[PDB]
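To find a chain's letter, count down the sequence lines: the first is A, the second B. Just so it is clear, chain A uses the PDB entry numbers, and the residues here are 1-220, in order. The numbers used for chain B are those of the PDB entry, and the residues that appear cover 1-212, in sequence. Using the numbering of the PDB entry, the residues shown for chain C are 2-11, in order. Heavy-atom basis, side chains included; hydrogens, waters and symmetry copies ignored.
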Amino acid sequence: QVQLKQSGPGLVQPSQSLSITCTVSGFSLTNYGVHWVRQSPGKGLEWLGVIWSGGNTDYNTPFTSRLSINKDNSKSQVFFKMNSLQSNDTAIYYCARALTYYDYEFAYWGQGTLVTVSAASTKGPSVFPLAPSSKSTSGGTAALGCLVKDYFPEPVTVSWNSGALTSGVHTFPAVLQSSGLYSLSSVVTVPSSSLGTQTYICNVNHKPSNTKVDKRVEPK
Amino acid sequence: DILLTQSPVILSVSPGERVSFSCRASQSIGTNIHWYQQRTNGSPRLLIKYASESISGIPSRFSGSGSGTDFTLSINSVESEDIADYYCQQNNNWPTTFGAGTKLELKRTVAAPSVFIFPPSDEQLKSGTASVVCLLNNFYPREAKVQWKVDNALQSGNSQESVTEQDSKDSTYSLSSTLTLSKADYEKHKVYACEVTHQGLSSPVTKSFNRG
Amino acid sequence: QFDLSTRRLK
(Lines of atoms letter the chains of each structure in order from A and count residues from 1; the text may use other names and numbers.)
(Lines give C-alpha, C1' and ligand atoms only; values in the text may rest on other atoms or scores of the structure.)
Protein backbone atom coordinates (compact mmCIF):
# COMPACT_ATOMS: atom_id res chain seq x y z
CA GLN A 1 0.00 0.00 0.00
CA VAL A 2 0.92 3.68 -0.36
CA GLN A 3 2.52 4.92 2.86
CA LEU A 4 4.42 8.00 4.01
CA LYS A 5 6.42 7.65 7.24
CA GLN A 6 8.00 10.72 8.82
CA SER A 7 10.84 10.93 11.34
CA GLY A 8 10.17 11.42 15.05
CA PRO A 9 8.98 14.54 16.92
CA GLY A 10 11.61 16.86 18.36
CA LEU A 11 12.61 20.17 19.89
CA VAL A 12 14.26 22.94 17.85
CA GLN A 13 16.01 25.98 19.36
CA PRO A 14 15.09 29.49 18.12
CA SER A 15 17.11 30.57 15.05
CA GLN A 16 18.26 26.97 14.53
CA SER A 17 17.21 24.70 11.66
CA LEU A 18 14.52 22.02 11.30
CA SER A 19 15.12 18.64 9.62
CA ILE A 20 12.52 16.00 8.73
CA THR A 21 12.81 12.80 6.71
CA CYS A 22 9.88 11.40 4.72
CA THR A 23 10.31 7.75 3.78
CA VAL A 24 7.75 6.46 1.30
CA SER A 25 6.60 3.03 0.11
CA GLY A 26 4.06 1.67 -2.37
CA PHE A 27 5.21 4.07 -5.09
CA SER A 28 8.38 5.48 -6.64
CA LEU A 29 9.66 9.01 -6.11
CA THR A 30 10.52 9.00 -9.82
CA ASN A 31 6.77 8.89 -10.51
CA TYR A 32 5.18 11.17 -7.91
CA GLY A 33 5.84 14.56 -6.36
CA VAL A 34 6.00 14.82 -2.58
CA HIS A 35 4.35 17.86 -1.01
CA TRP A 36 4.91 19.50 2.37
CA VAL A 37 2.12 20.97 4.49
CA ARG A 38 2.20 22.34 8.03
CA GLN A 39 -0.56 23.05 10.54
CA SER A 40 -0.08 25.86 13.08
CA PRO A 41 -2.39 27.45 15.69
CA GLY A 42 -1.82 30.77 13.94
CA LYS A 43 -2.42 29.95 10.28
CA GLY A 44 -4.01 26.48 10.27
CA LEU A 45 -3.18 24.41 7.17
CA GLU A 46 -0.55 25.96 4.94
CA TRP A 47 1.15 24.63 1.82
CA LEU A 48 4.93 24.98 2.12
CA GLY A 49 6.46 23.35 -0.95
CA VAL A 50 6.90 20.32 -3.20
CA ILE A 51 9.65 18.31 -4.87
CA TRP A 52 8.70 16.80 -8.23
CA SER A 53 9.67 13.52 -9.89
CA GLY A 54 12.49 15.19 -11.82
CA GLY A 55 13.89 16.88 -8.73
CA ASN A 56 12.43 20.32 -9.42
CA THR A 57 11.26 22.25 -6.37
CA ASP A 58 8.58 24.85 -5.76
CA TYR A 59 8.50 26.76 -2.49
CA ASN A 60 5.61 28.89 -1.25
CA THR A 61 6.44 32.63 -1.39
CA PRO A 62 7.15 33.29 2.33
CA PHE A 63 9.52 30.28 2.50
CA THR A 64 11.54 30.65 -0.72
CA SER A 65 14.72 31.69 1.12
CA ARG A 66 14.69 29.49 4.23
CA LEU A 67 13.20 26.23 2.97
CA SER A 68 15.12 23.44 1.23
CA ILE A 69 13.68 20.19 -0.12
CA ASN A 70 15.80 17.29 -1.37
CA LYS A 71 15.36 13.58 -1.98
CA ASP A 72 17.03 10.23 -2.60
CA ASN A 73 15.18 8.17 -5.21
CA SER A 74 16.88 4.85 -4.47
CA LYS A 75 16.23 5.10 -0.72
CA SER A 76 12.66 6.35 -1.24
CA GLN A 77 13.42 9.27 1.09
CA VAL A 78 12.51 12.95 0.94
CA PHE A 79 14.45 15.47 3.01
CA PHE A 80 12.85 18.60 4.45
CA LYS A 81 14.94 21.43 5.89
CA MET A 82 13.86 24.88 7.10
CA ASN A 83 16.16 27.63 8.44
CA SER A 84 15.98 30.28 11.19
CA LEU A 85 12.93 29.05 13.11
CA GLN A 86 10.88 31.28 15.39
CA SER A 87 8.34 30.31 18.04
CA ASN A 88 5.34 30.63 15.71
CA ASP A 89 6.89 28.03 13.41
CA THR A 90 5.89 25.53 16.10
CA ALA A 91 3.47 23.30 14.20
CA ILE A 92 2.72 19.83 12.88
CA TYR A 93 4.58 19.21 9.63
CA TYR A 94 3.22 16.69 7.15
CA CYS A 95 4.53 15.25 3.93
CA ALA A 96 1.87 14.31 1.38
CA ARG A 97 1.18 12.78 -2.04
CA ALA A 98 -1.49 13.75 -4.56
CA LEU A 99 -3.76 11.43 -6.56
CA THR A 100 -1.77 12.06 -9.73
CA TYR A 101 1.83 13.02 -10.47
CA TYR A 102 0.99 16.64 -11.34
CA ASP A 103 -1.95 17.46 -9.08
CA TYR A 104 -2.53 18.81 -5.57
CA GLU A 105 -5.42 16.84 -4.10
CA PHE A 106 -3.72 15.09 -1.19
CA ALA A 107 -4.99 11.54 -0.73
CA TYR A 108 -1.93 10.23 1.11
CA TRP A 109 -0.40 11.91 4.19
CA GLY A 110 2.52 11.25 6.49
CA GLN A 111 1.61 10.78 10.14
CA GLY A 112 3.00 14.24 10.93
CA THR A 113 5.99 15.61 12.83
CA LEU A 114 5.16 17.84 15.79
CA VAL A 115 7.95 20.39 15.94
CA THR A 116 8.38 22.58 19.01
CA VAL A 117 10.44 25.76 18.80
CA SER A 118 11.72 26.76 22.24
CA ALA A 119 15.02 27.47 23.99
CA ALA A 120 14.31 24.98 26.78
CA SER A 121 15.80 21.54 27.38
CA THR A 122 14.22 18.17 26.65
CA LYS A 123 12.92 16.33 29.71
CA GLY A 124 11.59 12.78 29.87
CA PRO A 125 8.48 12.05 31.96
CA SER A 126 7.96 10.23 35.24
CA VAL A 127 5.21 7.62 35.08
CA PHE A 128 3.00 7.00 38.12
CA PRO A 129 0.14 4.53 38.49
CA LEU A 130 -3.47 5.53 39.00
CA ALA A 131 -4.37 2.48 41.05
CA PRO A 132 -7.86 0.96 40.97
CA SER A 133 -9.75 0.54 44.24
CA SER A 134 -13.23 0.70 45.75
CA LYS A 135 -13.26 4.41 44.94
CA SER A 136 -12.57 3.80 41.27
CA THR A 137 -15.10 0.94 41.06
CA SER A 138 -18.67 1.27 39.78
CA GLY A 139 -21.10 -1.57 39.04
CA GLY A 140 -18.50 -4.26 38.46
CA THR A 141 -16.39 -1.82 36.44
CA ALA A 142 -13.05 -0.45 37.64
CA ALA A 143 -11.10 2.57 36.43
CA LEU A 144 -7.30 2.72 36.45
CA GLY A 145 -4.58 4.65 34.68
CA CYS A 146 -1.15 6.23 34.35
CA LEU A 147 -0.05 9.74 35.26
CA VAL A 148 2.60 10.93 32.80
CA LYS A 149 4.15 13.93 34.51
CA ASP A 150 6.75 16.65 33.87
CA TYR A 151 7.94 16.17 30.30
CA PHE A 152 8.99 18.46 27.47
CA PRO A 153 8.24 18.81 24.71
CA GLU A 154 5.04 17.28 23.40
CA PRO A 155 4.11 14.64 22.46
CA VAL A 156 4.00 11.36 24.35
CA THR A 157 2.34 8.24 23.06
CA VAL A 158 0.46 6.01 25.44
CA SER A 159 -0.94 2.60 24.72
CA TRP A 160 -2.14 -0.23 26.94
CA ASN A 161 -0.85 -3.81 26.95
CA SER A 162 1.05 -3.12 23.74
CA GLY A 163 -2.12 -2.24 21.84
CA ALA A 164 -4.18 -5.28 22.82
CA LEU A 165 -6.30 -3.01 25.03
CA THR A 166 -8.14 -0.12 23.35
CA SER A 167 -11.74 -0.36 24.53
CA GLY A 168 -12.56 2.21 27.21
CA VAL A 169 -9.20 3.98 26.93
CA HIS A 170 -9.08 7.76 27.31
CA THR A 171 -5.76 9.52 26.99
CA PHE A 172 -6.28 13.14 27.99
CA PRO A 173 -4.76 16.12 26.15
CA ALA A 174 -1.55 17.36 27.78
CA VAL A 175 -1.74 20.50 29.89
CA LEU A 176 1.15 22.92 30.38
CA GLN A 177 2.17 23.36 34.01
CA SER A 178 3.64 26.55 35.52
CA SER A 179 7.02 24.82 35.53
CA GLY A 180 6.88 24.91 31.74
CA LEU A 181 6.60 21.12 31.59
CA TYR A 182 3.63 19.12 30.30
CA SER A 183 1.58 16.55 32.17
CA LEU A 184 -1.03 14.02 31.11
CA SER A 185 -3.12 11.10 32.31
CA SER A 186 -4.39 8.02 30.50
CA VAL A 187 -7.26 5.97 31.90
CA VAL A 188 -9.13 2.81 31.04
CA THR A 189 -12.18 1.07 32.47
CA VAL A 190 -12.08 -2.71 32.86
CA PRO A 191 -14.21 -5.27 34.68
CA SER A 192 -13.22 -5.28 38.36
CA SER A 193 -13.20 -9.10 38.33
CA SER A 194 -10.33 -9.04 35.81
CA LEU A 195 -7.94 -7.22 38.17
CA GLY A 196 -6.97 -10.55 39.71
CA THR A 197 -6.03 -12.37 36.51
CA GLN A 198 -5.20 -9.71 33.91
CA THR A 199 -2.06 -7.59 33.94
CA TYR A 200 -2.50 -3.94 32.96
CA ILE A 201 0.43 -2.03 31.56
CA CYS A 202 0.58 1.49 30.19
CA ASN A 203 3.21 1.80 27.48
CA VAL A 204 4.68 5.29 27.66
CA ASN A 205 6.97 6.59 24.95
CA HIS A 206 8.48 10.07 24.84
CA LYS A 207 10.48 10.07 21.58
CA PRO A 208 12.16 13.50 22.03
CA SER A 209 13.95 12.20 25.14
CA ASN A 210 14.11 8.55 24.01
CA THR A 211 12.27 7.55 27.18
CA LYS A 212 10.31 4.29 27.01
CA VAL A 213 8.53 3.12 30.14
CA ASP A 214 6.12 0.26 30.72
CA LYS A 215 4.19 0.82 33.92
CA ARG A 216 2.10 -1.95 35.46
CA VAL A 217 -0.94 -0.69 37.32
CA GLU A 218 -2.43 -2.81 40.11
CA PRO A 219 -4.72 -2.39 43.15
CA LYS A 220 -2.76 -1.12 46.16
CA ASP B 1 -3.52 34.27 -2.37
CA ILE B 2 -7.14 33.06 -2.50
CA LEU B 3 -8.95 33.52 0.81
CA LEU B 4 -11.30 30.68 1.73
CA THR B 5 -13.90 31.42 4.39
CA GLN B 6 -15.63 28.48 6.07
CA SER B 7 -18.84 29.18 7.97
CA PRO B 8 -19.72 28.53 10.63
CA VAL B 9 -16.71 27.47 12.69
CA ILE B 10 -18.90 25.14 14.75
CA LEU B 11 -21.79 22.85 13.78
CA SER B 12 -23.80 20.89 16.34
CA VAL B 13 -26.37 18.34 15.16
CA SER B 14 -28.21 15.16 16.13
CA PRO B 15 -27.35 11.79 14.53
CA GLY B 16 -29.23 10.80 11.37
CA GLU B 17 -29.72 14.46 10.51
CA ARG B 18 -28.38 15.95 7.30
CA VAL B 19 -25.64 18.57 7.63
CA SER B 20 -23.93 21.00 5.24
CA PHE B 21 -20.52 22.70 5.44
CA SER B 22 -19.84 25.98 3.65
CA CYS B 23 -16.73 27.27 1.88
CA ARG B 24 -16.71 30.69 0.23
CA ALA B 25 -13.79 31.88 -1.91
CA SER B 26 -12.53 35.47 -2.21
CA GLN B 27 -12.86 35.12 -6.00
CA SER B 28 -14.06 32.61 -8.58
CA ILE B 29 -12.20 29.29 -8.58
CA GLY B 30 -14.60 27.29 -10.75
CA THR B 31 -14.89 23.81 -9.27
CA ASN B 32 -11.26 23.54 -8.18
CA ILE B 33 -11.93 22.75 -4.53
CA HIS B 34 -11.14 19.71 -2.35
CA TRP B 35 -12.54 18.72 1.05
CA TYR B 36 -10.76 17.15 4.01
CA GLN B 37 -11.66 15.39 7.23
CA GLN B 38 -9.39 15.51 10.27
CA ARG B 39 -10.22 13.28 13.23
CA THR B 40 -8.68 13.61 16.69
CA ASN B 41 -4.91 13.04 16.54
CA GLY B 42 -5.22 12.22 12.84
CA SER B 43 -3.87 13.55 9.57
CA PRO B 44 -6.22 15.15 6.99
CA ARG B 45 -8.33 12.65 5.03
CA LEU B 46 -9.36 13.43 1.44
CA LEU B 47 -13.16 13.25 1.09
CA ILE B 48 -14.16 15.04 -2.12
CA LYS B 49 -12.11 16.30 -5.06
CA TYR B 50 -13.15 18.99 -7.55
CA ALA B 51 -16.38 20.13 -5.86
CA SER B 52 -18.35 16.90 -6.36
CA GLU B 53 -16.13 14.00 -7.51
CA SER B 54 -16.14 11.06 -5.08
CA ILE B 55 -13.11 9.40 -3.48
CA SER B 56 -12.34 5.68 -3.07
CA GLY B 57 -13.20 4.29 0.36
CA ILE B 58 -15.26 7.34 1.32
CA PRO B 59 -18.85 6.54 2.37
CA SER B 60 -21.65 7.51 0.00
CA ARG B 61 -23.16 9.84 2.63
CA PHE B 62 -20.46 12.37 1.73
CA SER B 63 -21.17 14.65 -1.23
CA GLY B 64 -20.21 18.12 -2.39
CA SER B 65 -21.58 20.79 -4.71
CA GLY B 66 -21.06 24.38 -5.83
CA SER B 67 -19.15 26.42 -8.40
CA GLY B 68 -17.51 29.84 -8.64
CA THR B 69 -17.22 31.13 -5.07
CA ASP B 70 -19.86 29.18 -3.14
CA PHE B 71 -19.29 25.55 -2.15
CA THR B 72 -21.03 23.02 0.08
CA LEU B 73 -19.99 19.72 1.67
CA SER B 74 -22.93 17.57 2.75
CA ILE B 75 -23.58 14.53 4.95
CA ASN B 76 -27.06 13.06 4.40
CA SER B 77 -27.20 11.01 7.60
CA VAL B 78 -24.55 12.06 10.12
CA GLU B 79 -23.08 9.32 12.31
CA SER B 80 -21.08 9.40 15.55
CA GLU B 81 -17.89 8.65 13.61
CA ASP B 82 -18.28 11.91 11.67
CA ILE B 83 -17.01 13.90 14.66
CA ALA B 84 -14.06 15.81 13.18
CA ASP B 85 -12.88 19.05 11.63
CA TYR B 86 -13.57 19.73 7.98
CA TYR B 87 -11.40 21.81 5.67
CA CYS B 88 -11.72 23.10 2.12
CA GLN B 89 -8.81 23.59 -0.25
CA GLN B 90 -8.67 25.57 -3.48
CA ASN B 91 -6.19 25.03 -6.30
CA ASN B 92 -7.39 27.24 -9.13
CA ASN B 93 -4.66 29.71 -8.12
CA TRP B 94 -1.11 29.16 -6.90
CA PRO B 95 -0.34 28.67 -4.15
CA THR B 96 -3.00 26.21 -3.03
CA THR B 97 -4.73 27.46 0.14
CA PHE B 98 -6.94 25.97 2.85
CA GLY B 99 -9.90 27.30 4.83
CA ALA B 100 -9.82 27.81 8.60
CA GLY B 101 -12.06 24.78 9.09
CA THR B 102 -15.46 23.87 10.51
CA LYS B 103 -15.93 21.75 13.65
CA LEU B 104 -18.63 19.06 13.73
CA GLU B 105 -20.05 18.39 17.20
CA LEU B 106 -22.81 15.86 17.89
CA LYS B 107 -25.86 16.01 20.14
CA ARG B 108 -27.13 13.16 22.26
CA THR B 109 -29.11 12.42 25.40
CA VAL B 110 -27.92 13.73 28.76
CA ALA B 111 -25.53 11.28 30.45
CA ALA B 112 -24.26 11.68 34.02
CA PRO B 113 -20.52 11.14 34.63
CA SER B 114 -19.07 8.21 36.53
CA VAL B 115 -16.78 9.81 39.11
CA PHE B 116 -13.58 8.14 40.31
CA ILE B 117 -10.87 9.48 42.62
CA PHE B 118 -7.21 8.43 42.71
CA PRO B 119 -4.82 9.12 45.60
CA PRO B 120 -1.13 9.77 44.82
CA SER B 121 1.19 6.78 44.45
CA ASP B 122 3.89 6.20 47.06
CA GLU B 123 6.28 6.42 44.12
CA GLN B 124 5.39 10.05 43.42
CA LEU B 125 5.45 10.97 47.12
CA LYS B 126 9.15 10.10 47.26
CA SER B 127 9.86 12.96 44.83
CA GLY B 128 8.16 15.50 47.11
CA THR B 129 5.01 16.08 45.05
CA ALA B 130 1.47 14.73 45.45
CA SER B 131 -0.99 14.55 42.53
CA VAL B 132 -4.62 13.70 43.31
CA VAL B 133 -6.68 12.82 40.21
CA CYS B 134 -10.48 13.08 39.85
CA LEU B 135 -11.96 11.39 36.77
CA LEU B 136 -15.33 12.24 35.19
CA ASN B 137 -16.03 9.46 32.72
CA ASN B 138 -18.43 9.34 29.77
CA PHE B 139 -20.78 12.28 30.27
CA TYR B 140 -22.80 14.73 28.19
CA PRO B 141 -23.00 17.61 27.74
CA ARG B 142 -19.42 18.86 28.15
CA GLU B 143 -20.08 21.40 30.94
CA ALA B 144 -19.19 20.26 34.48
CA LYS B 145 -17.96 21.64 37.80
CA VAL B 146 -15.22 20.01 39.86
CA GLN B 147 -14.49 21.38 43.31
CA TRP B 148 -11.66 20.11 45.50
CA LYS B 149 -11.72 20.09 49.30
CA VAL B 150 -8.87 19.21 51.65
CA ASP B 151 -10.07 18.82 55.26
CA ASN B 152 -13.15 20.90 54.35
CA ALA B 153 -10.94 23.68 52.95
CA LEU B 154 -11.94 24.72 49.42
CA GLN B 155 -8.99 24.48 47.02
CA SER B 156 -8.45 27.11 44.32
CA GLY B 157 -5.79 27.64 41.66
CA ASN B 158 -3.95 24.39 42.45
CA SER B 159 -5.82 22.09 40.07
CA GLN B 160 -5.80 21.63 36.31
CA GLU B 161 -8.47 20.24 33.99
CA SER B 162 -8.24 18.34 30.72
CA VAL B 163 -11.18 17.28 28.57
CA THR B 164 -11.07 14.65 25.85
CA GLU B 165 -12.42 15.40 22.41
CA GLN B 166 -15.90 14.01 21.77
CA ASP B 167 -15.96 10.21 21.67
CA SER B 168 -16.56 9.04 18.10
CA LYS B 169 -18.47 5.97 19.30
CA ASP B 170 -20.92 7.16 21.98
CA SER B 171 -20.60 10.97 21.65
CA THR B 172 -19.52 11.51 25.27
CA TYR B 173 -16.75 13.49 26.92
CA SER B 174 -14.36 12.65 29.71
CA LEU B 175 -12.61 15.03 32.08
CA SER B 176 -9.69 14.77 34.47
CA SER B 177 -9.08 17.25 37.25
CA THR B 178 -5.70 16.92 38.94
CA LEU B 179 -4.97 18.52 42.32
CA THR B 180 -1.24 19.09 42.86
CA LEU B 181 0.17 19.50 46.36
CA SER B 182 3.59 19.41 47.96
CA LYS B 183 4.28 16.21 49.90
CA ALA B 184 4.40 18.17 53.16
CA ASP B 185 1.01 19.83 52.64
CA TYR B 186 -0.47 16.46 51.58
CA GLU B 187 0.82 14.77 54.73
CA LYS B 188 -0.59 17.49 56.98
CA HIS B 189 -4.17 16.58 56.01
CA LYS B 190 -6.60 13.67 55.98
CA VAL B 191 -9.80 14.00 53.90
CA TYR B 192 -9.52 14.54 50.14
CA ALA B 193 -12.65 15.12 48.08
CA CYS B 194 -13.71 16.26 44.62
CA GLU B 195 -17.37 17.26 44.34
CA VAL B 196 -18.85 17.00 40.85
CA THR B 197 -21.73 18.99 39.37
CA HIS B 198 -23.38 18.12 36.05
CA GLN B 199 -26.79 18.29 34.34
CA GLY B 200 -27.28 14.50 34.57
CA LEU B 201 -27.03 14.51 38.36
CA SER B 202 -29.94 15.44 40.64
CA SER B 203 -27.39 16.24 43.33
CA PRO B 204 -23.60 16.76 43.42
CA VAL B 205 -21.43 13.65 43.59
CA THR B 206 -18.55 13.61 46.04
CA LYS B 207 -15.83 10.99 45.76
CA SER B 208 -13.41 11.11 48.67
CA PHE B 209 -10.71 9.21 50.52
CA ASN B 210 -8.75 9.45 53.76
CA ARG B 211 -4.96 9.50 53.52
CA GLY B 212 -4.18 6.10 55.04
CA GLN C 1 -8.09 27.84 16.62
CA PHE C 2 -6.00 24.76 15.87
CA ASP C 3 -4.61 22.85 18.86
CA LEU C 4 -1.36 20.92 18.45
CA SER C 5 -2.17 18.53 21.33
CA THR C 6 -5.33 16.98 19.82
CA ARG C 7 -5.15 18.21 16.18
CA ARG C 8 -8.62 19.65 16.67
CA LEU C 9 -10.04 23.15 16.47
CA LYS C 10 -10.95 24.54 19.88
### Query
So at chains A and B, which of cetuximab, gantenerumab, infliximab is it?
cetuximab
### Query
Main binding partner of cetuximab (chains A and B) in this structure, as named by the PDB entry?
meditope
### Residues near cetuximab (chains A and B), heavy-atom distance under 4.5 Å
C:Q2, C:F3, C:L5, C:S6, C:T7, C:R8, C:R9, C:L10, C:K11
Across chain C and chain B (cetuximab), what donor-acceptor pairs are shorter than 3.5 angstrom?
unit_1, atom_1, unit_2, atom_2, d
C:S6, O, B:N41, ND2, 3.2
C:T7, O, B:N41, N, 2.7
C:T7, O, B:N41, ND2, 3.4
C:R8, NH1, B:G42, O, 3.1
C:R9, NE, B:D85, OD2, 2.9
C:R9, NH1, B:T40, OG1, 3.2
C:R9, NH1, B:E165, OE1, 3.4
C:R9, NH2, B:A84, O, 3.4
C:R9, NH2, B:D85, OD1, 3.2
C:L10, N, B:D85, OD2, 2.8
C:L10, O, B:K103, NZ, 2.8

